[PDB]
Amino acid sequence: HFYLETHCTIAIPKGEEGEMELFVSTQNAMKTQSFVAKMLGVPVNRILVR
Amino acid sequence: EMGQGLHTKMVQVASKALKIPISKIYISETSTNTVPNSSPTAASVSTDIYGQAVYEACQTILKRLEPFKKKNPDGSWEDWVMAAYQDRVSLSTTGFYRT
Amino acid sequence: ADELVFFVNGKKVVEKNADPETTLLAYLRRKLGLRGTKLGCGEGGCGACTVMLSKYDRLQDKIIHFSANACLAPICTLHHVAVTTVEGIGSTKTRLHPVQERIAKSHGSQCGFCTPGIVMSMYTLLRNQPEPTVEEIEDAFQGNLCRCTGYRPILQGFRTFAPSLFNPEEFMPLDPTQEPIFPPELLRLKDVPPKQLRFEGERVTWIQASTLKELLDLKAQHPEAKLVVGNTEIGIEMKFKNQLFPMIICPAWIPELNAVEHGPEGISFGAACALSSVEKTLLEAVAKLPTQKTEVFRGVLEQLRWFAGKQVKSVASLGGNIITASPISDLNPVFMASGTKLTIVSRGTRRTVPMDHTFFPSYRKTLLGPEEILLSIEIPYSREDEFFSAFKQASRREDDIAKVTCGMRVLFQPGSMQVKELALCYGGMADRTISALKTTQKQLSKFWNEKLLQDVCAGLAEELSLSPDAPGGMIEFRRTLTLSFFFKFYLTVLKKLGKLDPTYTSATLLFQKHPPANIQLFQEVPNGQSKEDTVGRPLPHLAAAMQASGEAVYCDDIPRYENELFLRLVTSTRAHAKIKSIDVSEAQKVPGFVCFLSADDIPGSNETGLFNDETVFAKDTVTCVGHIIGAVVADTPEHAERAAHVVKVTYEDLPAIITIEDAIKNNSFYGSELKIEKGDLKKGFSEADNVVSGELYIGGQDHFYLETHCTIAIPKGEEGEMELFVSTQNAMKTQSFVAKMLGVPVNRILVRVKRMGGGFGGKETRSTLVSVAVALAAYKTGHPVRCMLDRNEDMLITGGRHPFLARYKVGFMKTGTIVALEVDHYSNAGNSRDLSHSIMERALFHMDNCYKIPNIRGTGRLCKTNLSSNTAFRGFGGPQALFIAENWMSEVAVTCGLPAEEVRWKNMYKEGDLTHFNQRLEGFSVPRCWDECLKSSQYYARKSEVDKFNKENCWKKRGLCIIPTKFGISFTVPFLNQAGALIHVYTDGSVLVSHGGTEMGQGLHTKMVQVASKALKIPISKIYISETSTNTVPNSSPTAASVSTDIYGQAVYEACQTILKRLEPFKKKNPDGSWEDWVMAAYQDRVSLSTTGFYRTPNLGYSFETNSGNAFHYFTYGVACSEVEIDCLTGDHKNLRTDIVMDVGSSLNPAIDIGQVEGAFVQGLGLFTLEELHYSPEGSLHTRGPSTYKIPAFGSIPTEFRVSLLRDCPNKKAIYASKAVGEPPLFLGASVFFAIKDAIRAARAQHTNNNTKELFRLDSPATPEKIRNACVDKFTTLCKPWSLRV
Amino acid sequence: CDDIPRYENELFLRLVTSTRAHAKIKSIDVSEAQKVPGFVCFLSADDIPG
Ligand SMILES: Cc1cc2nc3c(=O)[nH]c(=O)nc-3n(C[C@H](O)[C@H](O)[C@H](O)COP(=O)(O)OP(=O)(O)OC[C@H]3O[C@@H](n4cnc5c(N)ncnc54)[C@H](O)[C@@H]3O)c2cc1C
Ligand SMILES: Nc1nc2c(c(=O)[nH]1)N[C@H]1C(S)=C(S)[C@@H](COP(=O)(O)O)O[C@H]1N2
Ligand SMILES: O=c1nc2[nH][nH]cc-2c(=O)[nH]1
Ligand code: FES
Ligand code: FES
Ligand code: MOW
Ligand SMILES: [Ca+2]
C-alpha cells in the first residue's frame, strides 16, 4: 500500500469498567472496537474508537 | 477520511440539502459513540451511502424547521433554529441508508 | 542531599531529590499516579486526602498504624514510613476490601469524592481495632466531611463492623490475617542506626535531626530554623499566610522528644509526642488513678475530644500547639491554669518552669529564647481540695476553631470551701492566652458562694472587655461565654465539694453522646415484577464501588499531557475600583512562568454571562473582591500560584454598594420589581382580628461541593477546535460561552462531563468563569491547560446561595386562619444577574408553602452589589421563601396562643385548591404525609415529654416542631424543560446510552440505566452510560431543577421504544431467540440500531403579568418533625430526633431517593443552623475554608433519624409514576430551626420575661451565637443617659 | 494519529515478530531486554485477559 502514514494506534485506559478510548489510523472503527473488546473480554459498549 | 475527500463531499451534500453555506457546516471526526456498527470506509461507496444518510438526516431537520420558516418567511436560518429551540423542538437526528 | 526512602502500598520509593515543600498529596497524585487520594481543602479540615501511615515505633518496639491528611504531610517527614492509600486496600479490578464493599452497598456514596478519605479513616480504625464499638466508629470521622449523603448511610453501613435498603448478611467478613503486611525491607531497616538527613528543595533546606545533641547544635547555629513535626501549623502558614522558612529542622525522631514518664507530680510527655498519644496515655491514667488526682487530665481530655480530628491529632505535637501560641489554642489555657511544667533546653542550658500568664508576652510569642526548644511537658496530678474544668464553644462541635475556650482551676484550704488559689484562663478573648488575674486575685481567701459567683462575673465582664472592632466579632456572645463558662465551673465545683438544685444539675454535665437509631421505610415492588426489572428497587449507585476504590475518575484525575500547562486566576482585592495599571515584572521572575493573560488577549468577545453583563477578564474596572482580572500560566501549579501572587495591580477605589440595605438606600437593583398579587389585601386586613409586621433575614450559603470547579482545555490547532473536560452541570452553556469568547462557531467546541464531585447548583453556570479562562490560555499557548480551584478561591469567586431580607405583614383571625399577607423580598445578587431573576421567581412561587392565603401580595427585588455574583443553590430560591413563610406562620401560632400544628393544619391547602399563582393542586398529599408523620413520630406523646424536660431543667431546653413543604417541579424557564437521548445497540447486543444529563452524585445515570433496562426488558448488565458530551446530545438544558430523571427518563424511554419497534420483525420470525440473536439479525438485514429520543414537558408557561398559566408540571411534598436540645449557657445544641415522610410517588430507586431526602435535609440543616459566611464592611469574605465555614459533620445529624417514602401514591405526570426528589426535601431542614426557636422560647420564659406571646426575632442561620444571645439571662445582661422623658 | 500529544505517563510499544516462516516456539528469553533502560515489560499470549 505504502500509505505515507503507517499504521498507528494510541490506547487510553480509563481504569473504570474496562473503558478504553482509542485514536486509530483505520478505515474500520467498528472492527477495531469489537476486536479490542473481544481481546479484553469486555462488552463492546465499553470501547470508544475515534 | 483517508484523503479521498469524503468529508468535503458530505459537507457539500449537507449544504445543498439544508440550503445553507458550507461555512455553517463542520465535520470533526468519526467515532463509534456517534455512529455505531459502521461498515469500513471502502468499496468506493462511501459518498453514495453516507451521502444518502446525511441527506435523510438533513430532510428530518428541514421538516422540524418548516413550521418556523412558514411563520417567519423573511427570517434567517439562525432565527428559525433559535425559534425551534425555544419551542422545544429537537435539533438532533440520525440518518440511514440501505442500498 | 540524602535520598528519601519510604513505601507506598507496599512498594519502595526512592526519591533522590526530595523537596521539603512537597506534600504527600501532590507526590501521590503527580509523581506516583495514584489519584484515588483527593484534594478537598488543603487545610486539613475535610479529610478527602486521608491516607494511612505505618511505622516501626522504636520506643514501643511495635508497628503502629494511624491516619493523616496527605495535604499537610510533608513527604520529608516520611522517611522509612509505609503509606497506604485507598488503592492499597482493594479495587474493583481485583477485589474490594470490606470497608469499600460496605460503604458502597450501604449507599454511603453519592458523588463519591469524599469516599476514599472516609474509607481510609474507617480502614485505619479497623487496623487498630478489628471490632470497634459504635462510639469509636463515629469518632473515626471527626475529620471527614461529606456534602451529599447526610452521613446516616455511612455510619449505618460501618456499624455492621461493631424491605431493607441493604443486606448485611451479604457482606464479606473482615479477616485481619489477609491484610497487607508491613514491608519486610522496612522491618530490616529498623536495625540500622538513625542518621541525620538533609533534603534540598527549590527554596527550602530540611534537616531531619536524629539526636537531641544534633538538634541543639543545629538550633545554636540556626536560631531562625523553623522546627516542624506535624506541620499542621507551618503548612498552613506556608500555603495560606504567604510565609517562607528557608530552613526547617524536624526533631520528630529524637527519643527525648518522644519519651513518656510517670512521675510523683504528674505525667511527662516529650514535646514531639502526638496529641493522640497524649490522649491515649491520659485516658489510661484516668481509668487507673483516683478521680481526685485526674482533674487536670480530664480537662485536657475534654478539650482533646473537640480538637481537630483523628488525622490531625495523630500527627500534631504538644510542642507545636504550645509554641505556636495561637490566641485560640485549646490546650494553652489548660496548661496555664494547671501550671503545667515546661522543660526548656538549648545547647548547654536547661530549665523547668510552670506555665503562667507571663509565658505568652505577646501575639504569637512565648518566653523561649531563639536558641531554645521545648523538650518536654509535665501535666500535673490534681491534689486534694483541687478541682479543674475545661470548656470550649465554637460554631460546630467537631473540628472547629474555638470562639472562647478555657482552663479553670481552684485550690481550697484543706477540707474547706475557702479559696487558696484560683485561675481562670481563656483563649479567644485577646491576641494571646490570658488569665483573669485581676478578678481571681480578689477572691483569694473568699468562700465558694453566690456572692463570689456574682463578684467574679462582674469582674470578668470588666476585665475581659472587647472593643466593638475586635477581630472575629461576636462581641456579646464571647463575653457571655466567658461568664457562662465560669458559672458552669462554679456549679460543677459546688457539686464536687459535695444538695445542688435538681433543675441546675444538667448545667454541670459534659457533652454526652446518645446511641443512634435509624429506620428507613419504603415500598416493596409488585409481587410478580421480574428480577431483571430494577425500577423500584434499591439498586446501589452504579459507580459507588469505583468511588470507594478511588478508581472513579474526576476532572483533575485525568492524566496531564506532557506539554500541559497550569493556570492560576488573578483576582481583584478591591470591591469596586478602577484598574490603573498591572505590573507583571515580578511574576515574570518566578521559574516556569509562561505568560500573563488579560482582556486584551481575547480573540473573540470579552462579554459573557447568562445576561451578557459580565467580563471574561476585567476591563478598566473591578466590581467585587474576587473579580477575575487575568491569569498566569506556568509549568507547575505552584509556580503559577506563586507568580500570580506577585502580579501587582494598582487601584483607585470607587464608591461601593455591599449590603441589601446599601442597595435599597441607593436604589441599586437589576430590572424592575417582580410581583404576584391575588385577592383583596385591603379587604383582607380589614377583616383580620390580628395583624403582625416584621423583618427577617436569612444568610447565604457556600455549595462546598467536595470537588471544586475544574476545567481541562485541549486546543487541537485545527479550525479553532477545542475539546474540554469540565466539572459542570451545564455542558451546553460551557460550549457556547467558550465559543463566544474565542469567536468561533459552536460546532467547533466539544465539552465532555464524566462526573462532578458535587454541583448543587453551583456548577449550573459559574463553572464557566474557570472554563473560559482556561480555554483562552489553551488558545493563546497552543498547549493543553488545566485549572482546579483551591477551596479558598472557589468560595471567594464562584458565588453561593442568595442572602434574603424580608419585610412582611400578616393578617389573621383569633383562630389562626390567615386572611391577608404581604411580603417584600430582597436578595443580594452580586455583581451580575446570572440566575438571580429566575431564583426570585421560584421564591415568589413558594411564599405560600402549603397554606391557602385568600388575599396575598408578594414582591421581589434583586439587589445589585459589589460582591461575587450569587447563583443557583439546591432549592433555587424556594428555601428562602419557604423559610419566611414558616416564620410568620410560627408567629401567628404564638400570637394566637394555639398549638402550632393546629394552626398549620387548619391553614393547609385542600385537594383541588388553587395556589396564589392560580395553579390547581392535584394529588395534594401533604395531608397524608402530615398524619403519618405525626403518628410515626409520636408527636403528641413527645410534646408533653418536652414540656416536662423543660420544667426539670433550668439551663437546658428542648423544642419540637413539625413542618410540611411543597416544591414546584419544572424549570421556571419554560423552554428549558426539554431533554434528548441517543442510544446505540452494538452487534454484541451491548447498549450504550447517552443523554443530556450529567452525574453529580444524585444517581441520574443509574436511574437512566434502570429505565432503559425495564423498557427494553434486558438486564442492566447489558446497558452502559459512559459520559455526557455536546457531540452526542446537543443543546441540553443544565442538569437541574430536579427534573433530570423525569425528562431524560422519557427521552431514554422513547429511544428504547424505537429500538423495540425496529427489532420486532426479527423477534417475531424467531420468538425463541435471544436479544443477541435479534440484534445480529437486524444488523445483517441492514436495520439501524441507533436512534435519538426526545421529551418536552407539556403545557408549561406561567406569566407574572397575568398571574395565569402552568408554572409547574406537579408538586413534590413532604413533612418533617424534629426535636432538639439546646444548651442555654453555650449556644450548642443536639438534634435529638427527626422523622420525615416524603412523597416521591412510586420511587424509581428508593435507595437513591432516600439518600436524596437525607442529603438535602442535612444541607438545609446546615443552611439554617451551622453555615455562615462573614464579610468585612468593605466586602471582603472572611470565611474561605472548612476551618471557618462549618457545614454539617458526621456528629451533626439527628441521632434518631427516620425517613419514610409515602406508599401507594403513583404520579401519572412522570416516568414510571415517580417524582422529582433532588431539591424538595431541603427545606425540611427548617424543622430543626423552628424546634430550636421553640426551645429558645422555653429558655426566655425561664429567665427573660413572662410574656407568653412575645415575638422575638430569630434570623437564619440559628448559630450558637444567635441561640445563646437569644437566651437572655443574668449573664447576657451583665455583658445610662443623663435624662429620659417620662 | 501520532501528532496527538502524548500523556506525561504515556508509554511506547514495539512489536516482537517471528523471524521464521513456520516453526514451533520452544522458548522466549527476555533477560537481555530487561536490561535496556526504560524497559517496562514484555507482553505475550498469556497476558491477554479475554
Ligand atoms: C484542620 C485543623 C484543625 C485544628 N484544630 C485545632 C484545635 O481544635 N485547637 C488548637 O489549639 N489547635 C488546632 N489546630 C492547630 C494545630 O494542629 C496545633 O497547633 C498543633 O498541635 C501544632 O502541632 P504540629 O506539630 O503540627 O506543629 P508544626 O506546624 O509542626 O509546628 C508549629 C510551630 O511549633 C514550633 N515547634 C514545634 N515543636 C517545637 C519544640 N519542641 N520546641 C520549640 N518550638 C517547636 C515550630 O517551629 C512552629 O513554629 C488545627 C490545625 C488544622 C490544620
Ligand atoms: N449527591 C448530590 N446530590 C444532588 C446534587 C449534587 O450536586 N450532588 N444536586 C442537587 C440539585 S441543586 C439538583 S437541581 C438536582 C439535580 O439533579 P436531578 O435533576 O437528576 O435530580 O440534584 C440535587 N441532588
Ligand atoms: O427552576 C429552576 N430550579 C432549579 N434548581 N436548580 C437549578 C434550577 C434552575 O435553573 N431552575
Ligand atoms: S484536602 Fe486534606 S484535609 Fe481537605
Ligand atoms: S458522596 Fe460525600 S461529598 Fe459527595
Ligand atoms: O442545579 Mo439545582 S439549584
Ligand atoms: Ca447574580
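Residue numbers begin at 1 in each chain, while the letters A, B, ... track the order of the sequences. Cropped entry; intra-crop contacts only. Heads up, header says this was done by X-ray crystallography, 2.0 Å. Note: hydrogens, waters and symmetry copies are ignored here, and every other heavy atom, side chains too, is used. Every number for a ligand or one of its atoms is a count from 1 in the order of the listing.
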Practice prompt. Match the molecule at ligand 3 to one of clavulanic acid, phosphonoformic acid, oxipurinol.
Written response: oxipurinol
Practice prompt. List the macromolecule sharing the largest contact count with oxipurinol (ligand 3), named according to the PDB entry.
Written response: Xanthine dehydrogenase/oxidase
* Asked: For oxipurinol (ligand 3), which other chains have at least one heavy atom closer than 4.0 Å?
  -> C
Requested in this report: Would you mind running through oxipurinol (ligand 3) and noting each atom that sits below 4.0 Å from a heavy atom of C:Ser970?
Outcome: 1 (O)
Practice problem: List the UniProt active-site residue of chain C that sits nearest oxipurinol (ligand 3), with the heavy-atom separation to 1 Å. | Solution: C:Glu1223, 3 Å
Shortest protein heavy-atom distance from atom 5 (N) of oxipurinol (ligand 3), along with the residue and atom involved: C:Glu1223 OE2, 2.6 Å
- Do any UniProt Mo-molybdopterin-binding residues in chain C have a heavy atom less than 4.0 Å from oxipurinol (ligand 3), and if so, which? C:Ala1041
| task | Return the residue, atom name and 0.1 Å-rounded distance of the protein heavy atom closest to atom 8 (C) of oxipurinol (ligand 3). | result | C:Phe876 CD1, 3.5 Å
query: For atom 10 (O) of oxipurinol (ligand 3), which protein heavy atom lies nearest, and how many Å away is it?
result: C:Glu764 OE2, 2.5 Å
Oxipurinol (ligand 3) contact on C:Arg842 by region, counting heavy-atom pairs under 4.0 Å:
side chain
Examine the proximity of oxipurinol (ligand 3) to C:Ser1042 and report which part, side chain or backbone, both or neither, has a heavy atom under 4.0 Å away. neither
Just wondering, which residues come within 4.0 Å of oxipurinol (ligand 3) on a heavy-atom basis? C:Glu764, C:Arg842, C:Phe876, C:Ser970, C:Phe971, C:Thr972, C:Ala1040, C:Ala1041, C:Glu1223
